Undergrad: 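Notebook entry - examining structure containing phloroglucinol.
All chain A residue numbers match the PDB entry; in order, they span 2-501. When a ligand or atom number is given, it counts from 1 through the structure's own listing order.
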Amino acid sequence: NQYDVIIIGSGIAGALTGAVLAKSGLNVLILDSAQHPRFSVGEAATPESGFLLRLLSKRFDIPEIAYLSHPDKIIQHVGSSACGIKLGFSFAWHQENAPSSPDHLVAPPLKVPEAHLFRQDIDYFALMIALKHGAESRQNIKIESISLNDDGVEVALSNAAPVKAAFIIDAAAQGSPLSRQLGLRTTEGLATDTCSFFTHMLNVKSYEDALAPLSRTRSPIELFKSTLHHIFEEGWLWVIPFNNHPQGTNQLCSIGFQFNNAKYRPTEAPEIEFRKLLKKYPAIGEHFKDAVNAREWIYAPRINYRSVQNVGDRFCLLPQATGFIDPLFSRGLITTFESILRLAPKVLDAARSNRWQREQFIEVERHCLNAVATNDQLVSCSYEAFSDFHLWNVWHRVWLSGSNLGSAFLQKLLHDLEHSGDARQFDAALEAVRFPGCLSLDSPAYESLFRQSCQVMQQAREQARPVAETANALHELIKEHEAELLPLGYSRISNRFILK
Ligand SMILES: Oc1cc(O)cc(O)c1
């Protein structure tokens, strides 16, 4: 065995995984069929992924990882093109055959700013961290075959000798090449069935210029400085600027749109489908009067999948290779960084004791498969809440209250790790959470609210209930549980901009 671990994929997941393991004294080999620089999506950072990056940084003593958690540190250390800013998520509702109202808006702001990750620059910087810590990288290779045995892993490569290792990690946000070989990938059982078109554009107007200024919306933040979601019956469109930072030099804006395939199936080329969508929703079209594509539109007819298994004796699929649901709420990155945090110490224990059995990595699988299941519920119920604004206003508080509890929990673990400096206590605290993969992590009150809310949403879809009743049902449930949530005034429905 030439190496200890082989990592497929050299984007942010595999790069950070290689960084922490190489730092810890393993001989890592990162493999990739693509080569840097390259384009990538999964751009919206969240407070959770912010804390999880700072946790990775502190747990393994790699300060450069912490730089990726804050837009000012990104600009300073990665580069001035490497991110835009975000002061919150924001959602603006629309319907076919009616003018869009700037009062049909929700946008809960952040205290601490976050990044819109320009992934080509962030991913390359991440690989840099890995390379500087001893990990070998090989780009632009083709994997003929992967063989899993009792004594190791062997990877065959085109125009090169095969490479042997103790363990293999699949960190490809790609078509899960190892999961496709193992036959673990499936669409069966997913509530979500969504397609996606996405690209980067130039000369995209801000929300303030194109639809409605700050004086009309009454928002505490510019929507230009937010992860903007345009939502409507059959799906949603994102507007994620990289050109909204005062110190930034990036001119592009990420643009993507998703359809619920149960409601609408696209039939034509992306650019035709794009012009049809803007005719249907003319207010959304005001963003793109002067706009130009800076790259080819990528179409993906089915973005949703899950896996029945993701760990074995001598392999592990990281969440991005295990399953994906939807870019909505940007749960992809959260699941990924948390999985690396759980997996890394166990792979070290395995390598330091030469024990490679499925049993050891079983809590990595539990977290990952739950996170994809919870993310499926969240998104599918959210796609149903798109049908009316008032319903969306009440529903988004379910996501928000959970997300806040998740964040506060990760602050607690970060604060306790910073104080005590005890890596063993942290690993155990993380594994001992009552609801791994779920939004709150360790709150029985919230997971009660989430479960019953999703039951109300899925019942409302099945029986086609009136939106005013469903909204009230959820409003009651929020009032019932509000004492156990944080004191942010979630039940006050007239407040559409929930402060901290
Ligand atoms: O995007 C987010 C906004 C907010 O106010 C809280 C949170 O956890 C996420």
Undergrad: Specify the chief binding partner of phloroglucinol in this model, using its name in the PDB entry.
TA: Halogenase PltM
Undergrad: Report the binding site of phloroglucinol using a heavy-atom cut-off of 4.0 Å.
TA: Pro48, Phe90, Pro109, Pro110, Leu111, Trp400, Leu401, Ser404, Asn405, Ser408, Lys501
Undergrad: Just distances here: any N/O of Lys501 and N/O of phloroglucinol closer than 3.5 Å?
TA: yes
Undergrad: Going by the atom numbers of phloroglucinol, which of them fall below 4.0 Å from some non-hydrogen atom of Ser408?
TA: 8 (O)
Undergrad: Which of the numbered atoms in phloroglucinol are below 4.0 angstrom from a heavy atom of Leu401?
TA: 4 (C), 5 (O), 6 (C)
Undergrad: Can you list the phloroglucinol atoms lying under 4.0 Å from a non-hydrogen atom of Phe90?
TA: 1 (O)
Undergrad: Looking only at protein heavy atoms, identify the closest one to atom 3 (C) of phloroglucinol and say how far it is in Å.
TA: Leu111 CD2, 3.5 Å
Undergrad: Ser404 versus phloroglucinol: do any nitrogen or oxygen atoms come within less than 3.5 Å of each other?
TA: yes
Undergrad: Any idea which atoms of phloroglucinol are less than 4.0 Å away from a heavy-atom of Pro48?
TA: 7 (C), 8 (O), 9 (C)
Undergrad: Which atoms of phloroglucinol sit under 4.0 Å from any heavy atom of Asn405?
TA: 6 (C), 7 (C), 8 (O)
Undergrad: Any atoms of phloroglucinol less than 4.0 Å from a non-hydrogen atom of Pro110? List them with their elements.
TA: 5 (O)
Undergrad: At a 4.0 Å threshold, what atoms of phloroglucinol neighbour a non-hydrogen atom of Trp400?
TA: 1 (O), 2 (C)
